[PDB]
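The structure to be discussed contains colchicine.
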Amino acid sequence: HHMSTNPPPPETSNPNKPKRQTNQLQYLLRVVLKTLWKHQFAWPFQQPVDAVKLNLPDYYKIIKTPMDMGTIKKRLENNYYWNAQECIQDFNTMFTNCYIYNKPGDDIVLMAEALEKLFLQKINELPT
Ligand SMILES: COc1cc2c(c(OC)c1OC)-c1ccc(OC)c(=O)cc1[C@@H](NC(C)=O)CC2
Ligand code: NA
């Protein structure tokens, strides 16, 4: 009777949202996102959590601000962001969602931690 569904994905396109192309946002796409996207642990993070497919009916009860690298990649390619901080916040939301939903010893958490370490190493060099 009652089907579980996924929420609409986060907005990747809004012509009326203020947006800029900055050196920092270019670095976030060409260096930061590119590095994490190709990482051996990227696969769970390359698209919204599909709670229907993965049989996680509780995921979107716990995680109220979903984020993932597929969304971030589209945002960067679509010039969705006003500043680097908005994009950094999306990465932080993605990692934090994983830590919140799962338990500290879990494989998925180990994966997120490795991606986060690389992320922090790259944003240490954010230009400007
Ligand atoms: C049945 O197979 C899978 C099922 C899930 C996940 C997953 O990717 C590792 C799977 O492998 C395809 C899974 C995926 C993504 C998550 O966040 C990105 C998450 O928090 C959490 C998960 C999963 N939880 C854990 C502790 O790995 C639950 C659902
Ligand atoms: Na947790």
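Quick note: numbers on chain A are straight from the PDB entry, i.e. 39-166, in order. Note that ligands are numbered from 1 as they come in the structure, with each ligand's atoms numbered from 1 the same way. The figures that follow rest on heavy atoms only: side chains count, while hydrogens, waters and symmetry mates do not.
Location of colchicine, all copies: ligand 1. The chain with the most heavy-atom contacts to colchicine (ligand 1) in this structure is named in UniProt as Bromodomain-containing protein 4.
Put simply, atom 22 (C) of colchicine (ligand 1) has no protein non-hydrogen atoms near it, under 4.0 Å away.
Lab note: most residues of chain A in contact with colchicine (ligand 1) fall in UniProt domain Bromo 1. Contacts between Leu94 and colchicine (ligand 1), counted as non-hydrogen atom pairs separated by less than 4.0 Å, involve the side chain only.
Proximity of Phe79 to colchicine (ligand 1), defined as any heavy-atom pair under 4.0 Å, is not found for any part of the residue. Regarding atom 17 (O) of colchicine (ligand 1), its nearest protein heavy-atom neighbour is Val87 CG2, 3.6 Å. Source organism of chain A in the entry: Homo sapiens. Here is the list of colchicine (ligand 1) atoms found below 4.0 Å of a heavy atom in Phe83: 18 (C). The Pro82 neighbourhood of colchicine (ligand 1) comprises atoms 18 (C), with distances under 4.0 Å to a heavy atom of that residue. Given atom 12 (C) of colchicine (ligand 1), the protein heavy atom at minimum distance is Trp81 CZ3, 3.8 Å.
For colchicine (ligand 1) and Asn140, the ligand atoms under 4.0 Å from any heavy atom of the residue are 19 (C), 20 (O), 21 (C), 24 (N), 25 (C), 26 (C).
Checking atom 19 (C) of colchicine (ligand 1) against the protein gives a heavy-atom contact under 4.0 Å. Distances shorter than 4.0 angstrom occur between a heavy atom of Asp144 and an atom of colchicine (ligand 1). Distances from atom 13 (C) of colchicine (ligand 1) to the heavy atoms of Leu92, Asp106, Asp96 put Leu92 nearest.
The residues lying within 4.0 Å of colchicine (ligand 1), counted on heavy atoms, are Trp81, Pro82, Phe83, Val87, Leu92, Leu94, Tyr139, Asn140, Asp144, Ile146.
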